[PDB]
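Structure showing mibefradil engaged by Cytochrome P450 3A4.
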There are 4 protein chains.
Amino acid sequence: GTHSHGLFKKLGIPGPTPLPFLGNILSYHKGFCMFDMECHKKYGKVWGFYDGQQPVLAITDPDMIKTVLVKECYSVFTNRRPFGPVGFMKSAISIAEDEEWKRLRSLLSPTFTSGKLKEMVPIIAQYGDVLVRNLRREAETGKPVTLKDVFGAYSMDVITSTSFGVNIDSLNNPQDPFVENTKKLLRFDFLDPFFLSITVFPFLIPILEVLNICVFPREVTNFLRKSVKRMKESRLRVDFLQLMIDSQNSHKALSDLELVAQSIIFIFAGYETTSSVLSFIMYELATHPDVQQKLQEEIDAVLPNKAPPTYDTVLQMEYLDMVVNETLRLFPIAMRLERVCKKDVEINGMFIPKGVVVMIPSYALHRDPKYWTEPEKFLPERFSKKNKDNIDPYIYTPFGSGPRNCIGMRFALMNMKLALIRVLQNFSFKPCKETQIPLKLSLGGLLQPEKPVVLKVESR
Amino acid sequence: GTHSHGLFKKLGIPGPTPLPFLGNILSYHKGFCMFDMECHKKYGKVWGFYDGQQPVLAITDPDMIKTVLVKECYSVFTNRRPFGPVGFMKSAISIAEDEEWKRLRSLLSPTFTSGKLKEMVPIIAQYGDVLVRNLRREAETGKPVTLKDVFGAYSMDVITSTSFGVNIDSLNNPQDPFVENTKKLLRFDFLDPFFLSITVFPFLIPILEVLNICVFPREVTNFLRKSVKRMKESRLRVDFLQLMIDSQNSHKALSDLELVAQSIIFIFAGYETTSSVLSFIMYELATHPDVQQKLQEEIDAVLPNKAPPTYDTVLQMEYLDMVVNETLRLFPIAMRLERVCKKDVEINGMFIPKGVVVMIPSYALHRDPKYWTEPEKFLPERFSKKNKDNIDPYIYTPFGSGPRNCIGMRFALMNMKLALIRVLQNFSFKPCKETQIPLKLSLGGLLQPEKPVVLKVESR
Amino acid sequence: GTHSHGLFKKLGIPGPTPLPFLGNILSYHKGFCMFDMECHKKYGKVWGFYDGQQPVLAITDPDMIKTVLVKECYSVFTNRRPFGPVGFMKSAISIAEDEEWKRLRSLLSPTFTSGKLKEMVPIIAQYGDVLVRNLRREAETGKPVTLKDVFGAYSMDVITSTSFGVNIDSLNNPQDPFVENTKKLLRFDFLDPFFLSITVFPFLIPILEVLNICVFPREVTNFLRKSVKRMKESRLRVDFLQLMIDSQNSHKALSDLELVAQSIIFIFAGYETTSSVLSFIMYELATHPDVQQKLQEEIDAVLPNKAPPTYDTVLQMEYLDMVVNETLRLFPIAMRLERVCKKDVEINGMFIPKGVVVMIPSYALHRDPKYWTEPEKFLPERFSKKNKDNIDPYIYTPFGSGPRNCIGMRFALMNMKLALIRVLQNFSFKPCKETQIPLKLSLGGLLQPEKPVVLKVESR
Amino acid sequence: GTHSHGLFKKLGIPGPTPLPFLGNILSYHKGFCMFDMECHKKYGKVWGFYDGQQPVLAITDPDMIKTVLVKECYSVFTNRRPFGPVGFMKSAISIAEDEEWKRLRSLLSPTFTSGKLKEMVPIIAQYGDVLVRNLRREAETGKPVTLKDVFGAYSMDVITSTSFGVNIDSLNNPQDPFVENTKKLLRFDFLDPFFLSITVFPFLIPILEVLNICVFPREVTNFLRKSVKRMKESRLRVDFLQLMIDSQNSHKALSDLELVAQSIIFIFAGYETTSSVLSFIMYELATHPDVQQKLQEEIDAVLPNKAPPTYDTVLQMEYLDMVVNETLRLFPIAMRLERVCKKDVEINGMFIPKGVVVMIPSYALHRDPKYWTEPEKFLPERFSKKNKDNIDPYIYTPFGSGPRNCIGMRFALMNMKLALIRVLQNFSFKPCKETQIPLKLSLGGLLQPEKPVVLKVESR
Ligand code: HEM
Ligand code: HEM
Ligand code: HEM
Ligand code: HEM
Ligand SMILES: COCC(=O)O[C@]1(CCN(C)CCCc2nc3ccccc3[nH]2)CCc2cc(F)ccc2[C@@H]1C(C)C
């Protein structure tokens, strides 16, 4: 009931005090993000709490953070915490651990190079054209646009074609076989009934693992499993599947089911994340028409006459970059980074017992007054070539840092940027009566707007 | 490991001998139906086995059967066995038990009278017209027809409109909100991984009931729960919802959530059952064109010039009735009837300990040589007014018998008959090269064809 | 997590508000007794709380209490709550439920008549002689006496010989086979780690029931099971075993294992209960030498010259009775009486939903100022023939009331009285320096002294 | 249900075929030992089976065995399989794993040197004198002697005094506090109900670990935990406790609770093991009076006139050694050695997947005709300095081999030898009518006689 509940009181580490069995989870009634702020303010720089019986040690010192993410990554802090029954998805690089992770990490790093990415741009860019045509039809008829559905559909189209060559217009084909399953691959709400129970009955995982109950649905994983065995057997492009089929012709060649595992996790990592950030950005651009106009101006300069964006001209645009980064400062959608302490260690004047989840509260550091002037404000300027220098890369970590960081970072920024470019080239975006202002974050376990973002969309 | 595994060896009752923990479930590798036959042949008239640790006493004596289903129903054998975590669906009349069942049974019996049914015929009959139009378009283009999809869609249309007034053409609207959830309400395969585990880990039910994992999906039950709260609040027809909303204006008036519970179970009881029998019947009529022609002839006689069937002219047709009943003899899709023994009893020279599932092997009795001449053969004649007399109603029980029998019997026969009438009026049905002949039953826990039934469909 | 946690807020019933999963069990940090008082004071006459998810409705109205214990006992409130995995001890009359309880209750009522008891007095009385000899040897050498060990040994001797004819001097034979197991049969601490977990993981019971883990130890129950099969087979006295072997030569004759079940529960009900009350009484008599002297005087009057007590002269003694009853007022060692509500009901202007544990806080009513003048004080007089009249038998219930009350009441009072008589005849009892004064009740789940009672024991 | 059940059929490895859920455990109805022989004969040199879902790869090639036990011990095969909920005893060197094991292994190796052992001989030897006095009193009165009780008591006396300095005559004090708990520390029967369930519900371990249910009893571990905190605090000899208290004044000094953990495991490893081998040896010496006489002769030669054995004269005796070793050949009481495969590997032309329990069937190799002439026969000669050479130390492994072997080997042989010496010096031992001849091994999970060994004991 109190297993390890004296561990932090003992070691000298402060923090809220736990309740038996539940630990501190009642504190999650306002969300991971709000609880992390309060803990930063009211306890300082290091603190501890209990996800049920599991102690979690929050750390906020950039040198200490670097040690965990960078320095001792491979020796002490290699893995994230178990979070549910995962079945065969224990082979997805995100879930695999220790050496199996390192092998998967290596077998996949060449798939995410800039070269591989530059050759996917003409595919990603095609569904930007699709986006504008579907945006225009809703811009034609004066009717508010709900960003999450139009950007949701764009993200889906980008994934089907980048990882499977499946060329869909997911919006206009809302009944395709390939759209129904991939749309069931949403991000996990670790504050919803099931995942909370898993936290205070971690011993229920093995019970579930033996009933073959799985947090990745049996049908989705089954449909994609067989749908990929078709694609492999009809090919025998430039998409993730093929680069992976390539890398299996100094570690053990990528297995068959391991390739299926990665394709599904790429979807999981890329679907809701992308559409959610594109919507946050559109909210900020719609509530600061000066930033929007400025970006539209920077776009028309590089791309004269709605010229089509390319890998190289995308990377030209400084102010676009500043909008993307400043939006991810406010809304880092992972909320936290975490690693399991797998040994006893001392790092930066602090002993850490084997088994503690060490956690880095990204949302709260990105909104720390002590590192950010006027943190609540959308201020794209803080990332200009002028100011970009005094930003610590261990305070601002929307993609994490170190060897276990987001292997999809460059792909995701290039995907979102292509979207925002082709959309601002043709449209302007305005607040509504119904446009929730100021926007409220959800109280749940996902960093998303309370109410969806809806906006007026006009044509240029 | 062997809890109660001597109970039948002791009492004197024969039967296969169990394995620890698993009981006799390895015997289910050929299906409930085949295992029940072998047990009838090789052990006689009474026998016992173990679904894991749970003893099941099979009985085949018509007097003994009557005692269980009819005589001592309310005192000893009131309930079916628990079969999964059910959540709020513990209020569906099928799952409720003891007095709560009797109340629900009474609060719903007037909803299934013949009067209420005769006023639903013009609704049911409308989607017969819809069936023929969709059948014709597939009969127009010479392309094999897969019965389960065209009869699947008809069954869905009949349910939406009979229980919610929702008027859909489910086939041509394969993307309606109301079709996606109700199509996820299929019959349970108690021989599939999950339900088998539930059988040898019955103690896993409470674990699941507390994670709110449920065998009726949370979304389906949630969508229908709210979708009904709309219909109640827009009404404030002749459909099940309204007759139920009626019966809540000597027992406790039907509750709100109890009404939601029944509407979903009516779907569960009526969707796959109906479409599966309609397909079995079409198989038999397509593999005996003499029966088919004879029925077409009996239909044209009562209904001159594709005249539209009515409640009364439907009940006119003897040979139609004989085809429906003879098909349900071969294919009684419940396979077994069961009741939990809730007390110790002696019935017909046999003591039965509290807790035994008493079970009646319908599939095997319907195909018993000792009651049926040439049981394997489709012989509609055995049910004519001439021969219908020497059929024991405790050997032939496709809808069960007694107070807990199928409260939807008359509705289901009238629904299927309306379908078969309007379809034979306009079409003839022929075997294919691909038409699996002879048809094989599935090895799983549902009584359905191994491979789907597909047939040539011509026009008259 | 909150299953039924709105049930009392809804029905209108007040009470502390629950925490998810745990309900109100954090409130048990001071004990059932103290929590029950606070709830009586601060919420009044009726209230509700949650043992995890299980709602418990406390009631304190004598008419309402009578309804539950007496009036609707057989129809609505027949059983106590499940409390642990019990294995075969589900046949002990205390644990059995509904009709199986009524049968066991009837098959055992004639074993507890006054006639049967009067013939056990010469056995019980013999080990009073044994008590005095062992008390004297500790009274001889001036050394404090720890009541729980000398009365513990007396209680054990009374049980072995009353239920099995086994004639031991448990103290001087602290290594007999028959003493080691029966001494492991102590009362359950429902506030200790295991039983608390059972309360907030009631779903863990079936898991345990299938590993054959049992709250009655496998060895104790096994030793006594075989040790009784010896006694049955060597007999083939006046003791419980024989009266039971008798009653199996209008319900089903007592089974073999059912007889073993009762013998163990008689031990469980009678061992720690008796020794604990004898010690409470000795504390009160030692902290009021006037009561003690008065009782010694009433004993010498009826029993001139340490004359040996008999059934009839035991029942002569009014003041003895008043001391026993007043001690059980302060220390009713069951603390609460409970029944499961098995139907919906209205009783005395109150609706009660099926499934609620209805609970009667005996400890708090016995110490209610509103029924007892100076409740904290040991006042034997309130039970004299003069005052015994205005005591409601539904406020003062140390043995419960109604058909499910203590079937061992008369036996227990006669056993304790014989002890107290033969001991006061020969000894006087005095407070020590170490004698905890005032005595503190344990904070756990058993009503016993914090620290053991130790006292000076002199000879007469 | 069949998780990994194709792993051996796939890899090419033969073996009995499994049943769902249970694997091959029905095969354990004759015991680990008999099942291991049949598997050696009927499948050859390598085979696989399933303890439920857990694959176990048996290996019998001395080079392959050496690789696992010696060569790749620290890299691949460091740990034994989890076997039950162990609580804090996860710190006992036997249960600890990976580096924590290596640290414990090092912190304890100097406690088992020959120097430390030679200084414990005068303690061990003292309770040999105690043994002879208690043996004589049973040899005085002509009454069969049950070896397991007289050698059981000797083993207990040797442990209390070697690990805690507690100087008991456990037999004549069968009621000491320190004897009652340590006698509850018997070897685990992994074929008894509980441990078998753990094998096919390994997921039940975490459920138990959270109810603090433990396979080392809470009371035994609690009594010894506090009883050691006394001994530490009264000291602040030459016994295990002190050598351990010593080693905590290049790894982390032995913790407090870690020291308590080791003391209990030393008891667990040493109590039943020793007494069981001493009894096997006495059986063999009593059923071959020529060996016995020969040993008595070799003892009288080194120790003239019942001279007292010393470390050095104990190691003098070749024929004693040959009797001890030949008895452990027949009866290697661990039965199997095992290690978990923690990586994928190829060793001696064989790939082994991560997670397989690799197992070495000691009992069956010790009785392999292909390495042992007349294996069923007790032939002390095979271990003489003449023949001891062609015995492979990877076929004959009564204490295992390699870094994880029995850290108590020398202590155990010296303890048993001192016993056998002082006993044969004074007694001769003869078969009885009741002496089970030939002796049968138990069908359970412990290598012990079916029926106890009883023998005539005469004096010299
Ligand atoms: C705006 C979009 C995205 C954001 C903000 C984001 C952020 C993150 C973060 C914070 C992590 C954990 C980093 C850490 O623990 O240090 C992560 C991991 C990961 N992400 Fe992204 N991500 C995005 C999109 C994508 C995309 C398109 C992919 C496509 C392949 C992807 C694949 C992954 C993978 C595989 C990991 C786990 C890597 C490993 O365990 O070695 N993510 N992401
Ligand atoms: C061909 C179609 C159908 C067949 C063959 C069939 C057969 C059965 C059988 C064998 C039982 C159990 C009988 C027993 O235990 O004695 C049953 C129960 C039931 N059926 Fe039907 N059924 C069909 C369609 C329907 C329909 C359309 C409804 C619509 C309301 C329905 C509602 C129910 C209910 C509520 C029960 C449980 C009744 C109770 O527990 O009191 N069924 N059915
Ligand atoms: C001072 C000693 C004792 C006290 C204070 C005591 C008190 C109680 C109480 C409060 C109950 C529950 C009553 C209820 O729910 O209304 C009970 C039940 C019971 N007691 Fe006693 N008890 C004592 C000794 C004994 C003895 C010696 C026996 C010997 C047979 C015994 C046998 C039982 C049984 C069998 C029940 C359950 C009866 C049933 O469920 O029908 N008890 N006791
Ligand atoms: C006749 C008596 C004994 C026999 C036959 C015996 C045999 C064994 C065997 C086969 C093993 C496992 C070896 C392996 O996996 O390679 C073992 C382990 C062990 N034994 Fe002994 N043993 C005996 C007595 C003792 C005694 C007196 C001690 C006292 C300390 C002891 C302490 C241990 C320990 C601590 C281990 C685990 C070592 C580790 O995991 O590193 N044993 N024993
Ligand atoms: C839900 O919180 C945001 C989130 O989903 O973060 C990840 C999921 C990480 N998962 C492998 C489980 C690890 C345990 C965990 N419990 C958390 C609760 C709150 C906050 C963070 C938590 N971490 C992080 C890495 C990752 C790796 C992939 F391969 C695919 C998707 C993702 C997402 C991220 C891209 C948005």
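Naming: A, B, ... by sequence-line order, numbering from 1 per chain. In what follows, every heavy atom counts, from backbone to side chain, and hydrogens, waters and symmetry copies are set aside. In listed order, ligands and their atoms are each counted from 1.
Copies included, the model assigns mibefradil to ligand 5.
Other chains with any heavy atom closer than 4.0 Å to mibefradil: A.
In this structure, atom 15 (C) of mibefradil is in close contact with the protein, since a protein heavy atom lies within 4.0 Å of it. Heavy atoms of A:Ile95 come nearer than 4.0 angstrom to mibefradil in no pair at all. Of all atoms in mibefradil, listed by their number and element, those nearer than 4.0 Å to a heavy atom of A:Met335 are 2 (O). Near A:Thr273, meaning under 4.0 Å from one of its heavy atoms, mibefradil places the atoms 36 (C). Near A:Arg81, the atoms of mibefradil lying under 4.0 angstrom from a non-hydrogen atom of the residue are 13 (C), 14 (C). Under a 4.0 Å criterion applied to the non-hydrogen atoms of A:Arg336, mibefradil contributes the atoms 21 (C). Only the backbone of A:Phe188 comes within 4.0 Å of mibefradil, judged by heavy-atom distances. Under a 4.0 Å criterion applied to the non-hydrogen atoms of A:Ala334, mibefradil contributes the atoms 2 (O), 3 (C), 20 (C), 21 (C).
Close contacts of mibefradil with A:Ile265, meaning ligand atoms under 4.0 Å from a residue heavy atom, involve 29 (F). With atom 31 (C) of mibefradil as the reference point, the heavy atom nearest to it among A:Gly270, A:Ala269, A:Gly444, A:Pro82 is part of A:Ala269.
Summarising the contacts of atom 36 (C) of mibefradil with A:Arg187, A:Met89, A:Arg404, the nearest heavy atom is found in A:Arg187. Counting protein heavy atoms only, atom 28 (C) of mibefradil is closest to A:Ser94 CB, 3.4 Å. The organism reported in the entry as the source of chain A is Homo sapiens.
The shell of residues around mibefradil (heavy atoms under 4.0 Å) is A:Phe32, A:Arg81, A:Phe83, A:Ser94, A:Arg187, A:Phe188, A:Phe190, A:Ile265, A:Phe268, A:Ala269, A:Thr273, A:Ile333, A:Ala334, A:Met335, A:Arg336, A:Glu338.
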